[PDB]
Structure formats: structure tokens, C-alpha cells
Amino acid sequence: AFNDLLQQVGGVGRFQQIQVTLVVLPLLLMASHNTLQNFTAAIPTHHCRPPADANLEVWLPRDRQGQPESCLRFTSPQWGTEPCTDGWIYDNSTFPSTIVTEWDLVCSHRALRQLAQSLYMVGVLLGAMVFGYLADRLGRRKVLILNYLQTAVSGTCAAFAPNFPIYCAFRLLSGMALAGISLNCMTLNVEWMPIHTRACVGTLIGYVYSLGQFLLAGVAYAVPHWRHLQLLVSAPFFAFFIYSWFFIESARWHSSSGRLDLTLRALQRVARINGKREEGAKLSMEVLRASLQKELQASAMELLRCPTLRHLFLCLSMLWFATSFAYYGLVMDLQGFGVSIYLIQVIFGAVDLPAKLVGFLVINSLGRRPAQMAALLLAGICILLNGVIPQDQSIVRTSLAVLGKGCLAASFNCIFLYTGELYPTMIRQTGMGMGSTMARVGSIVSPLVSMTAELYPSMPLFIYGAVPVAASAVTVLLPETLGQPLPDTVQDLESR
Ligand SMILES: CCCN(CCC)S(=O)(=O)c1ccc(C(=O)O)cc1
């Protein structure tokens, strides 16, 4: 019954305004880190370095396009092919330095650029799990303080990485910390705020991430060099670590632990901050106990064990994997469209704003399932048509990728509501975590799929498209939730 107490000590008041602003400010740089490698790893045009002894036309084989071939140089001077031992010359017009230029992650080692994104995301999957356990054991706040320090240290050390294995290690650790920031952000804010506003928070947090995409575009234009851009995007988290010491730990986590002494201390401190001091003094242990006694979940396995909840698990896992796998596939590949990588990031960021509305409108009106078939099928049709339409077309390809990314942003928003209303109260938090875990598996698998570009230039896109088209067909199986009350038991779910 914490909700009741939550409204005695000011409800939303100075403490919630101050702390929530501060706890959601870091998220503005989650987008900057997740998709940083579009700018820190951009691939400049590379052609082989002519042999040093020789004093480009004569030393470079030309492809059909008539541009110098990237991975080959002539063995002997041809007037009017060996792999390149002497290195590559990279165009410096757009990208002064990138991890690709620094470590020659080009030609045979091209897959390494994507391995690094996959490793960062392996870190994000690991961090959601490690830090989720650690938060329940050490506190939402203590785990946040340590996560701000880890992102700052790991990201700074990645910027000063001397070799590629080390950059990848510090990028996995950066992601582990960031996964814990994104989780503990929600928990600390949601638990210190009213229950009814469990979605507005899910929204401000959602839009604060989208604004992060414009932040990456503006920051990357200003600081093109990768070591400098990685340092700039990670140095803010040392400042976050310094003020995070003044956060107030969730009183709800304190009550759950068994320490009502700290629930009382937090509630009184907040009453001083919100200005309702008299009302806080009234709060004692005879009151807090009785009014928090009723409050005082099922194992994840159950999702698999019950046939009813296994069907809802499998179906939703395909929906969460597909949306993430496709979304990262599209968001990762900003260079191919033929427009500046900065304008495309700004555009891609913008779409999320009219998308989320159009989504809200179709979801609250038509249904929660028709919106998921439409958001995923249309994204799949757009991505597969980006694959088929010839590159020459930049506007037709850019417009279709932009619509597709907007549709996958809508799918993210719907799959959150859809997944919280489909599950019964007992397994609803486990189920939203498993769904988010499958989303993170999608992000790990997506860069690995992109490595198939070598096999065929359009194979990466044909998969990033076919998977959402298949997920859309899976939504047919799931049950409509519009106008139906949330289920409380498996039987309840079965009934409706
Ligand atoms: C909670 C898991 C989802 N994630 C992907 C897995 C790492 S995420 O990076 O947090 C993300 C991505 C995209 C959008 C959006 O466009 O709405 C919001 C959040």
C-alpha cells in the first residue's frame, strides 16, 4: 500500500521533480553510446597504399564503378593483384579518424567493426542481468552510483585504447554499466513516484532517449575524431557519478528488505524536501508498518513450465527479438543511403516523435494487436524494399528506411504495453524482463547478421526485413487487450 503513503508525503513534489530530472539526464546519452559506432567507426573510402619503393592510377586496380579498388594493388606497375601489405590510404574529407582507420579494420578484418558492436551489446545483456541482481541486493542507488563510475571509466579508457582487443573489452564493460543505468533509472523513479503514473515515466524516459539521437548528431559533427568523440560522450558520466551520491534510495526497496527503519528515514527526508514536514513527523513505525503490512514473484521458469504462459512467452519473445533485431539493423547502417550521416541521424531521430504519436493513436483506437501487425509488417516491407530498390535512388531509399525506423520505434512502444497487459500479475514483471532480454539478444545477433554483407550486399537487409514480416504473422496468435482488464491468474488469462 506504499501508494497511499506516497501521497501523504507530497506525492509529486520537489524531491520527485529534482531527483527524476537528475536520474533521467543520463539517458540522454544512452542513444549516444548505443549508436556511437556509426560515427566512431565510420568507414572512410580506403584504397590501397602504393608500394613505398615506387615513386594511384598505375598502382590501383579499378572496379566497375571506375573508383580505385579498396583491397587490391597491382603487383607490378601497370601503364595504360596482390593484397596490400603496405597499408591503406583513407579519405580524410569526412572522417579524420575512426576505429576503422586507426586499426585497419578494413578488407579481411572488416567483420571486426561489427564484432565490436556485438560485444558492446553482449555487455548490455550481461549488465541487465548482473546489475539487476546486484540492485536487489545492494540498492537501486548504490548500483546506480557504481554504474555511472563504470561507464565513465570504461568509456574514457576505450577512448584511450591502445589496440583493438582493449577497445572491445572496455566497450563491453561500458555497455554492462549502461544496461544497469537504464534499468535502475526506471526502478528508482517509478518506485519514488505514484503507481498510476507508471506509464508517463515509461514515456518521459522513452522520449529522453529519442532526444539523445539529436544529441549524438550534434556532438559528432563538432567532434569528428573518434578518441575525442568517445571521451566527450563518456566524460559526462563522471559528473553524474559525483552528484549521484545525494540520491535518496527507494523506500520501497528498504521496506522489501525488512528494514522499515530506512523506509521511515527516506519518507521523512522526502517530507522535509517536499515541504510537508508536519505530515512526515506524523509518519512513525506504528503507522508505516500497518500501512505497509499488506504489501509485506513466480520463478522465471514458470513462463516455460505452464503451457498457457509458454505460448504467450514464445510469441512475445519473437515480437521483442524481431523489433530489436530489425531496429538495430536499420539504425546501425547510416552511410549507405547517400545523404550525410549527420542529417540521417537527425532525421532518424525525428521520426520517433511523429511515430510514437501515430502509434499511440492506432493503439488506443484500433487495437493493440492490429497496431503490432501493422508496425512490424510495414517495417519489414520497407526494409525489404530498401534492399530491392537500386542504391542510385537516395530519396526512395532514405524515405523508406526512415518510415521503417519509425515503424520499429512504434513497435517498441506497443510491445511494452502489449506485454504488460498480456501477462498475469504473478509473472508480469518476469515477463517484461524476459521480453527485454530477448530484445537485447536481438541487438547482439543483428551485427553478426550484418557481417553477411560479404556473402551478398543485400543479404543483411533481406533478413532484417524477413524477420519482422514473420513476427507480424506471429502477432495473430496473441490475444487482443483493448478494453479488457489485466489478468490476475493463469485462469484469468485463460478466461480472457
Ligand atoms: C529495453 C530494451 C530496448 N533496447 C534495445 C536493446 C539493447 S534500448 O536500446 O533500450 C531502446 C531502443 C530503441 C528505443 C526506441 O526507439 O523507442 C528505445 C529503447
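Residue numbering in chain A adheres to the PDB entry, whereby the residues present occupy positions 2-56, 63-87, 102-317, 323-522 in order. In each ligand, atom 1 is the first atom listed, and ligand 1 is the first ligand listed. Basis for what follows: all heavy atoms, side chains included, without hydrogens, waters or symmetry-related copies.
For ligand 1, the chief contact partner in this model is given in UniProt as Solute carrier family 22 member 6. The molecule at ligand 1, chosen from adefovir, fasudil, probenecid, is probenecid. A heavy atom lies under 4.0 Å from probenecid in the transmembrane segments of chain A that UniProt numbers, from the N terminus, as 7, 8, 10, 11. Going by the entry, the organism behind chain A is Homo sapiens. Within 4.0 Å of probenecid, judged by non-hydrogen atoms, the site holds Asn35, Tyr353, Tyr354, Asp378, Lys382, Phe438, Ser462, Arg466, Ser469.
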